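To start, the structure under review is shown below, and the notes come after it.
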Amino acid sequence: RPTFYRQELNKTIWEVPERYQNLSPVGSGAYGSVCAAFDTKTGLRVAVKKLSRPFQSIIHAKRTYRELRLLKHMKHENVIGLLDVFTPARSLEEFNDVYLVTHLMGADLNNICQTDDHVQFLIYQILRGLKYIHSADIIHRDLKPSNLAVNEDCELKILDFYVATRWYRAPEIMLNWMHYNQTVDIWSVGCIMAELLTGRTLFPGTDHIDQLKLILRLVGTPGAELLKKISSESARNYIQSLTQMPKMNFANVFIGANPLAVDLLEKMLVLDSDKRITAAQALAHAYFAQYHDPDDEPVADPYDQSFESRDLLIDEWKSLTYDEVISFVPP
Ligand SMILES: Cc1cn(-c2cc(NC(=O)c3ccc(C)c(Nc4nccc(-c5cccnc5)n4)c3)cc(C(F)(F)F)c2)cn1
C-alpha cells in the first residue's frame, strides 16, 4: 500500500501514489480529467484519469462501474489496456475517487509516424480492434482521430477520451435514431480512412445542420422508406424539405486512390445501417489482402453485461466498483 501525495491540477485535488511523477494536465470534461505522468516504478510514460464525481448519481456510478469493468476486460493489441487503477481511500466508507492508468502514446492519428500501404495498415488495425470491441457487445460511438493512439512503430490503439466528434458521427445518430447498431462505428472508420487518403476532413461540418448537408451531398438524399429506418420524425420532415441530391461516384471524390479502397469506402459510407459493412466483413475485404490473417483477428472472451439490467442504488454501484478496484491485478 503506497504513499500518496497531493497536487492541485485541473481545478481539482489529485491524490496519487508517489510512483507517478511529472503530472501534466492533458484535458478535462464532465466525465473526468487526464494527466500525463511518468511511472518511476516501470519507467513508462503513462496517462492518469481521475473520474469526476463518479458516484454523484446512479448513472454516474453505473458508468464508472461500466468503464472499469470494460477496461479490465480488454486484452487486445489494438485496444487501450489498463496498467493500474487506484483510490486514495482506505476503506469503502471514504471511497469517493477512482483513478485509471494507461500507457501514454507518442501520438494520435491527427499527428503523424509515416502511402496506400500506410493507410491500409492503420485502417486494418482500427478494424481489428473494432472487431474485438464489437464481439464484446460494445459500441464505441465516439471514434475520431484523437481517440486513436499510435506508437513509434505505427501500432494503433483504440481509446475513448479542435477535432469534433460530429465530423465522424454516423448519420442515424445525427438524425436522432435511438435504435442504431454497431456499424455506427464503421461510418466513423470510413470518415477516418477518407481523411487519411486525401489529407482533408471528409465532412467538416460547422454545425449539426451543416454536417447533415455535407453528408447528403456525398451519399445522396434518402427516400422516404430509407428515412424511416435512420431518422426520428422531426428530422425526417426536415430532410424531406431539401432539394434532391444524387449520390456521387466515390471514384471522382477520391481521385487516384486505390480502387479497392474506394470500393471499401462505398460499403462503409452508406446511410442504410442494415446495408453497411461490419468490422469482420471489412477485415476480409480485398483492400487488406496484404495484412488479412483470420487466425490473428480474435474475438473477445464473453463479457458479462448482466449488470446493465440491474436496478441498483448509488451505494450499491459504489460497492461493486470498490471491489473491482481492490481486485485489479496489473499486467
Ligand atoms: C462509460 C464508458 C467508457 N467506455 C470506454 C472507456 C474507455 N476508456 C479509455 O480509453 C481510457 C481510460 C483511462 C485512461 C487513463 C485512458 N488513457 C488516455 N485517456 C485520454 C488520453 C490519453 C492519451 C493522451 C495522449 C497520448 N496518449 C493517450 N490516454 C483511456 C475506452 C473505451 C473503448 F471502447 F475505447 F475501449 C470505452 C465505455 N463506456
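Residue numbering for chain A follows the PDB entry; the residues present correspond to positions 5-116, 119-120, 123-169, 182-351, in that order. When the header is checked for method, it gives X-ray crystallography, 1.8 Å. Start at 1 and go down the list; that is how both ligands and their atoms are numbered. Side chains are part of it too, since the values below use all heavy atoms of this structure and drop only hydrogens, waters and symmetry mates.
- In this structure, the drug found at ligand 1 is nilotinib.
- Structurally, the main neighbour of nilotinib (ligand 1) is the chain that the PDB entry identifies as Mitogen-activated protein kinase 14.
- Of the options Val83, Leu167, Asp205, the smallest heavy-atom separation from atom 19 (N) of nilotinib (ligand 1) is shown by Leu167.
- For nilotinib (ligand 1), the atoms sitting less than 4.0 Å from at least one non-hydrogen atom of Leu108 are 25 (C), 26 (C), numbered in the order shown with element in parentheses.
- For nilotinib (ligand 1), the atoms sitting less than 4.0 Å from at least one non-hydrogen atom of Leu75 are 8 (N), 12 (C), numbered in the order shown with element in parentheses.
- Across the listed options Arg67, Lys54, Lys165, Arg67 owns the non-hydrogen atom lying nearest to atom 1 (C) of nilotinib (ligand 1).
- The UniProt active-site residue of chain A having the smallest heavy-atom distance to nilotinib (ligand 1), to 1 Å, is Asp168, 3 Å.
- Most of the interface of chain A with nilotinib (ligand 1) sits in UniProt domain Protein kinase.
- Atom 9 (C) of nilotinib (ligand 1) has its closest protein heavy atom at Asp168 O, 3.6 Å.
- Using a 4.0 Å cut-off between heavy atoms, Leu74 contacts nilotinib (ligand 1) through its side chain alone, with no backbone atom that close.
- For nilotinib (ligand 1), the atoms lying closer than 4.0 Å to a non-hydrogen atom of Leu104 are 13 (C), 15 (C).
- In the vicinity of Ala51, heavy-atom distances shorter than 4.0 Å reach the nilotinib (ligand 1) atoms 15 (C), 17 (N), 18 (C), 29 (N).
- Closest heavy-atom approach to atom 6 (C) of nilotinib (ligand 1) among the candidates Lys66, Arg73, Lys53, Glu71: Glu71.
- Protein heavy atom nearest atom 21 (C) of nilotinib (ligand 1), with residue, atom name and distance: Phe169 CD1, 3.5 Å.
- Neither the backbone nor the side chain of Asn155 has a heavy atom within less than 4.0 Å of nilotinib (ligand 1).
- In this PDB entry, no covalent bond connects nilotinib (ligand 1) with a chain.
- Under a heavy-atom cut-off of 4.0 Å from nilotinib (ligand 1), the UniProt ATP-binding residues of chain A that qualify: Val38, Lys53.
- Looking at nilotinib (ligand 1), you won't find any N or O of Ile141 less than 3.5 Å from one of its N or O atoms.
- Only the side chain of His148 comes within 4.0 Å of nilotinib (ligand 1), counting heavy atoms alone; its backbone N, CA, C and O stay farther away.
- Ranking protein heavy atoms by distance to atom 30 (C) of nilotinib (ligand 1), first place goes to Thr106 CG2, 4.0 Å.
- Closest protein heavy atom to atom 39 (N) of nilotinib (ligand 1): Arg70 CD, 3.9 Å.
- The shell of residues lying under 4.0 angstrom from nilotinib (ligand 1), judged by heavy atoms, includes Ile84.
- Residues in other chains coming within 4.0 Å of nilotinib (ligand 1) by heavy atoms are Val38, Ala51, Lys53, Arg67, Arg70, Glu71, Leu74, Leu75, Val83, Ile84, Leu104, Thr106, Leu108, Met109, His148, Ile166, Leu167, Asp168, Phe169.
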